[PDB]
A.B. asks: 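Got a PDB entry here containing PT523. Few questions.
Here the PDB entry sets the residue numbers for chain A, with the shown residues being 24-207, 249-295, 303-457 in order. Note: hydrogens, waters and symmetry copies are ignored here, and every other heavy atom, side chains too, is used. Counting starts at 1 for both ligands and their atoms, in listed order.
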Amino acid sequence: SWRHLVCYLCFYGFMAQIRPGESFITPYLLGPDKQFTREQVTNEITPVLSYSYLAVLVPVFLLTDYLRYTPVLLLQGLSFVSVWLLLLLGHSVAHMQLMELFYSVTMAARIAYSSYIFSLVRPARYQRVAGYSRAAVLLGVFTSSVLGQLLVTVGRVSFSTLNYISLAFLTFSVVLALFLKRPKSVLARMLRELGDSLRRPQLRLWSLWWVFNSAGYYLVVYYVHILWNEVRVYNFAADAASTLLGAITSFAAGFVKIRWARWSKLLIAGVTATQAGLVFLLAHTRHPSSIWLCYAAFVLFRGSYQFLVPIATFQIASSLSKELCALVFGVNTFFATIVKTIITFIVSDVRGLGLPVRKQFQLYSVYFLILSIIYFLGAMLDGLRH
Ligand SMILES: Nc1nc(N)c2nc(CNc3ccc(C(=O)N[C@@H](CCCNC(=O)c4ccccc4C(=O)O)C(=O)O)cc3)cnc2n1
């Protein structure tokens, strides 16, 4: 129980994140294999992903707490395998929509991995496991992305070979998940315990941070691609550097020894202010011969977010019950998604306060600044009442 538990958990987190062809799904659909039109992919496929994610997060976090997290991790792996099988053996648009449902199912089961790494270790080791596994996962993503780009830049393999490699890696990840140790009204009980746990201050603070900062981080990450496109290899370089720095910062977060009873709100306020500054750097840096500054700003922003995430998960779990952690994570993620949607309704789409990408990033920076000011006020209130 000494080596294999944590080492194999980190190894599975790394390998389950290896999908070289996941960054080239869109071109593969538009390439000379699927022959899908651009409208078809943009309208009938990705909105399916978003809607299915929103409708699938709820059962996932309602059930992963009960069935233990190993079945849900196996389900995530099998859904990734099904996604690539549909990619390699799907001609109609309905097959691709089913693939997007399965991809949303995969995206909804990360809370299972987090709560699983948390349920296998003594609470005194909550932080380090939070720092290690997350880092590994991010490292995996890094490797995945890099691998894909390398296999399409230095190598001459087609998208079909890349998808076959991704399917083989997904099968290996499923085999790895098969050997994971399974830990050893009901809904009314769970809701009452959730409320009682939310009465605790640390859980409130870190769940609020999750809900109102993961949404902003996902908005910035998703919209920075089109922000840079509006103004190729450099895009991948920035993405890979940000992922690697995120893994490094999660690893570092595993090792920090900050007194969280008093210096938790301050830390969140400072990091959120830094993220607001970095988003403003991403937005207002319109000088064409300055893209290194924009890339550095994005890399540092992702590094800060992936530094704060393991701390958030560890402090949420340490102030929770046994069969609650996954549920809480899911709810936060669920709420985060909703928040993001709300913002992406009021800033980009459905008329609303419609603005270009630069103005959207300015509003995201102002949103992060508002959060930072709110958290600074909270820290001042905590200090004044002490
Ligand atoms: N037509 C079409 N259709 C598609 N469906 C499609 N799809 C893709 C895939 N694109 C992504 C990439 C990343 C993410 C994502 O979620 N991004 C996170 C991951 C961090 C990893 N870490 C985790 O979140 C994680 C992963 C595994 C287990 C636990 C965790 C965790 O939360 O700790 C981040 O920060 O970048 C979502 C979609 C590309 N092209 C497409 N084209």
A.B. asks: Per UniProt, what is the name of the chain that shares the largest number of close contacts with PT523?
C.D. replies: Reduced folate transporter
A.B. asks: Using UniProt's numbering from the N terminus, which transmembrane segments of chain A place a non-hydrogen atom under 4.0 Å from PT523?
C.D. replies: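 Numbered as in UniProt, the segments with a heavy atom that near are 1, 2, 4, 5, 7, 10.
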